[PDB]
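Caption: dequalinium together with HTH-type transcriptional regulator QacR, bound form.
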Amino acid sequence: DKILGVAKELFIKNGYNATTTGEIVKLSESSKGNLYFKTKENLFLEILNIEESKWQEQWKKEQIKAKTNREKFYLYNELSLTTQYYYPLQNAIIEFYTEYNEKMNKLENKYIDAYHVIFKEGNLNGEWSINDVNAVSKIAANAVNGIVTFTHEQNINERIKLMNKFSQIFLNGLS
Amino acid sequence: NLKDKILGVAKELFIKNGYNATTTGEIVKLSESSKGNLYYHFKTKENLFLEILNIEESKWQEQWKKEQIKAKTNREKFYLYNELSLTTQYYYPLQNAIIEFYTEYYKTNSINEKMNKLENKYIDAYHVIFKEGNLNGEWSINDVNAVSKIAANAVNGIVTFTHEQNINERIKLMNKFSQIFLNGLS
Ligand SMILES: Cc1cc(N)c2ccccc2[n+]1CCCCCCCCCC[n+]1c(C)cc(N)c2ccccc21
């Protein structure tokens, strides 16, 4: 945990490659032997799992505010911009994909799961008629991740504005 | 020419060994130039890499001006541009030295300003697609500058975060997105 906490801080601030197990160990005393997650990957892939969940929990605690699935969608994407979980590691996560199908598969599904529920319960609630949810969930998720990640610099309220103009276009698109 | 040769050699070096690993001395010696001349044209490795990127955007835009003839309507151009963005990046060699470079100088605003200059140039492609689409009545976007930024960044996310998939599927999705997106505009 002293490892897992320092890593997150190092992976968020500096890169994936730019923070190595040398600097992580020196950051939390616990000697290199203690770091045995097997590889640097495993350490990192474990953090993503943690953070993806800390987000997914926060989303459940905050989705009550949404009455309809339409609102659930809008909101989920809005919250993605503001959260302190997962989405601030996406630079690392990108840098990770270049530098290297396993525990990754269980994450990518947990990552799209929030949209799966929304679109599934959305068909049950009759708000739209999407027939291939897995496609639309992976699309929506990644598009959103794009809007969050490829604008992390400019004014936060513009960001929120853009994401909502997105959510509108997308949902309107499905229906 | 020694500006171009520096750029060209630098590009290959970056492609070959990444951004961080490539030194200025390498670029210098391999291009039969000088640290002095490199400094006079680019000041830093960071800027040198930025001009490499400026060129690559210019080259990209040229591809698009030629490639977009295969797309008659702006609806078609939107579909295409997104495919290209996905496909052409899949085998883009600088893409790794870009990721490296970005996830390093994005906290620095002097650089990040110049990188948005670049990224805005990419967004411009969508701005044109949407604008001409308004003029042709393929759709009615009142807020084009926003919709462009969205399209571009939605496609970037699809391009970048899909990674765990087969390349024939990604195209399927990217086109599905292209479909869904356009069909929520009118
Ligand atoms: C040649 C060429 C070839 C292509 N297939 C191509 C495809 C799409 C766009 C440009 C292309 N170009 C042109 C490439 C010119 C360079 C401009 C793009 C770099 C600007 C930074 C973009 N960026 C931002 C904003 C935010 C991020 N978190 C981030 C993370 C990782 C990587 C990039 C990031």
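So you know, we letter chains A, B, ... as the sequences are listed, proteins then strands, and number each from 1. All heavy atoms count here, side chains included; hydrogens, waters and symmetry mates do not. Read the numbers this way: they start at 1 and go in the same order the structure lists the ligands and their atoms.
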- Query: Which other chains sit close to dequalinium (ligand 1), with any heavy atom less than 4.0 Å away?
  - Reply: A, B
- What is the source organism the PDB records for chain B? Staphylococcus aureus
- Message: Quick one: what's in the binding site of dequalinium (ligand 1) at 4.0 Å, using heavy-atom distances?
- Response: A:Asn91, A:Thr149, A:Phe150, B:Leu53, B:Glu56, B:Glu57, B:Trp60, B:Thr88, B:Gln89, B:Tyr92, B:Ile98, B:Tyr102, B:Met115, B:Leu118, B:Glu119, B:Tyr122
